[PDB]
Engineer: 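Here we have a deposited structure with vimseltinib present.
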Amino acid sequence: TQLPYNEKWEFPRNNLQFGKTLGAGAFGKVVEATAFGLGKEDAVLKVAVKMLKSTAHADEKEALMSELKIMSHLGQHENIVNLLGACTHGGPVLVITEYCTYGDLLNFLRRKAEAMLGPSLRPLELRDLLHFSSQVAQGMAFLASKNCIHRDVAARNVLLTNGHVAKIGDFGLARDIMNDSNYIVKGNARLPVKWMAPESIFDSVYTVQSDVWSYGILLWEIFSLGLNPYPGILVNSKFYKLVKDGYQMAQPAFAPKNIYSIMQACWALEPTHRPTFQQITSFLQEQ
Ligand SMILES: Cc1nc(-c2cnc(NC(C)C)n(C)c2=O)ccc1Oc1ccnc(-c2cnn(C)c2)c1
């Protein structure tokens, strides 16, 4: 980001055949597409393409390029949404990432729960939630090894692909956060407050451990099967005070006592005392 962009990621834009729009923000969107002759193997693949809408401004053009430059210098990991190519010459910027078959984790969890309650006219096992949690932890630990701060870790930014493997991603400009109830007004920007660490809300500081906090909130979403954090509590000055003073969500319905203990560790008031994603990973690989 704010550095030269490598041309190894360039891809012919007329070699994309676009399909349905997957997500749409205020000034950007992710669209599914079939890419032909992508990669060394010249694979023909279904992919996700990220692009700005017709309402194009200078500030929105930089935001997509920044996301691309960070992803380019990042590297490949099985449990993150990998970059496959970009279209930077010949027209509007297109960011080509892998296509995850099952969408985000939040809807998958919320649907499977509804399908599992069908006798109110496959199923999800506890092992499945431990694999989802383990997999995202591996992705975050990989970002933590590159000093790359996600700063919106949430189930809505975790995607499931072939074999229901979890990948951490970021819709960024392609989520309509303007109208999203999980993003609260805070002046110049709209922020996912209920996922944020207190020092990010007040000091506006983002680190690996601030992502560890939000990952702790993610664990609460996974093991509640898509419940909303701090449910029914309106984000206001009392909520800020409670979070800063040490208020924590109760144990979700389906988390073992030691998964809730790992949640509480991610929700420590002091950032250095929170676990690392490597420690979260290694623990969750056991479970
Ligand atoms: C979620 C997502 N994320 C990124 C992305 C990831 N990672 C970073 N950055 C790192 C450094 C964390 N950035 C900046 C990003 O933009 C790009 C596109 C994207 O969208 C997708 C991707 C796959 N599949 C779908 C989908 C939707 N529905 N279905 C059925 C499939 C949507």
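Residue indices begin at 1 and follow the sequence shown. So this one's X-ray crystallography, 2.8 Å, going by the header. Computed over heavy atoms, backbone and side chain alike; hydrogens, waters and symmetry mates excluded. Counting starts at 1 for both ligands and their atoms, following the listed order.
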Engineer: Could you tell me which macromolecule makes the most contacts with vimseltinib (ligand 1) here? Its name in UniProt would be great.
Structural biologist: Macrophage colony-stimulating factor 1 receptor
Engineer: Which residues make up the contact shell of vimseltinib (ligand 1) at 4.0 Å, heavy atoms only?
Structural biologist: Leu22, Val30, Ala48, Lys50, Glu67, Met71, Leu74, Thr97, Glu98, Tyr99, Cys100, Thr101, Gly103, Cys148, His150, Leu159, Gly169, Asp170, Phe171
Engineer: Which residues of chain A carry a UniProt ATP-binding annotation and have a heavy atom under 4.0 Å from vimseltinib (ligand 1)?
Structural biologist: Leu22, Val30, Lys50
Engineer: If you look at the UniProt active-site residues of chain A, which one is closest to vimseltinib (ligand 1), and how far apart are the nearest heavy atoms, to 1 Å?
Structural biologist: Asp152, 8 Å
Engineer: Which UniProt domain in chain A is home to the majority of contacts with vimseltinib (ligand 1)?
Structural biologist: Protein kinase
